[PDB]
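Take a look at the structure below.
Note: chain IDs run A, B, ... matching the order in which the sequence lines appear. Using the numbering of the PDB entry, the residues shown for chain A are 6-184, in order. Here chain B follows the PDB entry for its numbers: 8-184, in order, are the residues you see. Hydrogens, waters and symmetry mates are skipped; everything else that's a heavy atom, side chains included, is used. Numbering of ligands and ligand atoms starts at 1, following listing order. Per deposition record, X-ray crystallography, 2.0 Å.
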Amino acid sequence: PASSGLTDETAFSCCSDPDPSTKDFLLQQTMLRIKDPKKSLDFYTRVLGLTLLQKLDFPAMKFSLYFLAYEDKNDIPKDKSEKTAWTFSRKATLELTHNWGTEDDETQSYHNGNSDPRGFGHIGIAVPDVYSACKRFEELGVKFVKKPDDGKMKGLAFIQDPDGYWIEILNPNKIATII
Amino acid sequence: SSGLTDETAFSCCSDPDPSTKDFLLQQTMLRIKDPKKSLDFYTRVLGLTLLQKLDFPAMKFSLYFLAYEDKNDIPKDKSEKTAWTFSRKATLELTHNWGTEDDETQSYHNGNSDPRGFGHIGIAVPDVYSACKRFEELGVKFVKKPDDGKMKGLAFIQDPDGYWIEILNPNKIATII
Ligand SMILES: COc1ccc2c(c1)c(CC(=O)O)c(C)n2C(=O)c1ccc(Cl)cc1
Ligand SMILES: [Zn+2]
Ligand SMILES: [Zn+2]
């Protein structure tokens, strides 16, 4: 029997109610390696409107971590120790990992997971209006993987960040209409 | 090299444009070889809830959406359920291309060897050691046990596809550095 995927029945049959030990777990971060934080920080804050919660430097291992999320900057504790506990307890953050030097190495680039070898596909952002968001993205020179009305999924877009990671742009209140 | 000073890094950040007002980081998507194994892992092992499943037979794949949400908060009718799912923060979209689970020569790439890119998702938990003790008991595979290395109290496990999952305690991170 050629795979026709799971029925809803099988799928949900594979699903267990959370064990009480897992009751306070949260999905805290998605980590992506970045070649050049100057570009990545600009894109994510200025184009997408995230806020840089914290920059952590690790001299012993020659990398930095940049945590970005949709949070009000006024909410960030100034104190380093308090900043840390707050940042790592936010939901839905991006951890951008910068291995020092990569920005100056012409031979280096990271792989976005969407060609051989595939794996990771993208992160995704819900917006109140995909068409207006993308017109703005266009005016800002953002590279598109899929414009909102190209292809057969109309009203859905994919853009790329400076490393070429894909970012889905969607309106959650209009997805059902395109299945 | 040396990496960015705070001045350089901070100067590259703009305040949010008002038009990005209620933008939210909604999903991270991973391709998965076997949804039976994945769904068991994320729900039973990790404690996420499957919010919704979408099939696209035309293109031979399913999308599964999981989050740390109460399933009693999931709308029954399809339209309303879709709109809610896609408006939850911090979801996981697992993409199953029909066939792969029967193909012995097939595996996805977790981004942690050449060519590198994506690294991991990370779970904030109350107690990394009790969490990993349970994972161990349950047969979960580890990359970094909580107590190995210079950064003790922080772990990395693998999902059924080999993607790394960080296990951290927010109240012990600053200490760990
Ligand atoms: C400076 O030396 C380091 C720094 C980070 C490290 C490690 C060693 C090791 C290896 C080791 O612990 O020896 C692991 C696994 N690290 C991490 O991935 C990590 C990521 C984010 C945070 Cl905030 C903390 C740790
Ligand atoms: Zn991490
Ligand atoms: Zn997606």
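- Among atovaquone, indometacin, norgestrel, the compound found at ligand 1 is indometacin.
- Counting heavy-atom pairs under 4.5 Å, the chain with the largest count for indometacin (ligand 1) is, by its name in the PDB entry, Lactoylglutathione lyase.
- Other chains with any heavy atom closer than 4.0 Å to indometacin (ligand 1): A, B.
- The nearest non-hydrogen atom to atom 8 (C) of indometacin (ligand 1), considering only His127(B), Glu173(B), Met158(B), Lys159(B), comes from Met158(B).
- At a heavy-atom distance under 4.0 Å, no atom of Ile183(B) approaches indometacin (ligand 1).
- Within a 4.0 Å radius of atom 10 (C) of indometacin (ligand 1), the protein contributes no heavy atom.
- Under a 4.0 angstrom heavy-atom cut-off, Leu70(A) registers as being in contact with indometacin (ligand 1).
- Within indometacin (ligand 1), the atoms closer than 4.0 Å to a non-hydrogen atom of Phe93(A) are 23 (Cl), numbered from 1 in the order shown.
- The ligand atoms of indometacin (ligand 1) that sit less than 4.0 angstrom from a heavy atom of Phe163(B) are 15 (C), 18 (O).
- Looking at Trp171(B) against indometacin (ligand 1), nothing comes within 4.0 Å, counting heavy atoms.
- Looking at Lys151(B) against indometacin (ligand 1), only its side chain comes within 4.0 Å, counting heavy atoms.
- The protein does not reach atom 14 (C) of indometacin (ligand 1) closely, with no heavy atom under 4.0 angstrom from it.
- Per the PDB record, the organism listed against chain B is Mus musculus.
- Most of the interface of chain B with indometacin (ligand 1) sits in UniProt domain VOC.
- For indometacin (ligand 1), the closest UniProt active-site residue in chain B and the least heavy-atom distance to 1 Å are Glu173(B), 4 Å.
- The UniProt annotation of substrate binding in chain B and a heavy-atom cut-off of 4.0 Å around indometacin (ligand 1) together pick out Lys157(B), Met158(B).
- By chain and number, the binding site of indometacin (ligand 1) (heavy atoms under 4.0 Å) reads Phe63(A), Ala65(A), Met66(A), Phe68(A), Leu70(A), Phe93(A), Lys151(B), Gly156(B), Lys157(B), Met158(B), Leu161(B), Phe163(B).
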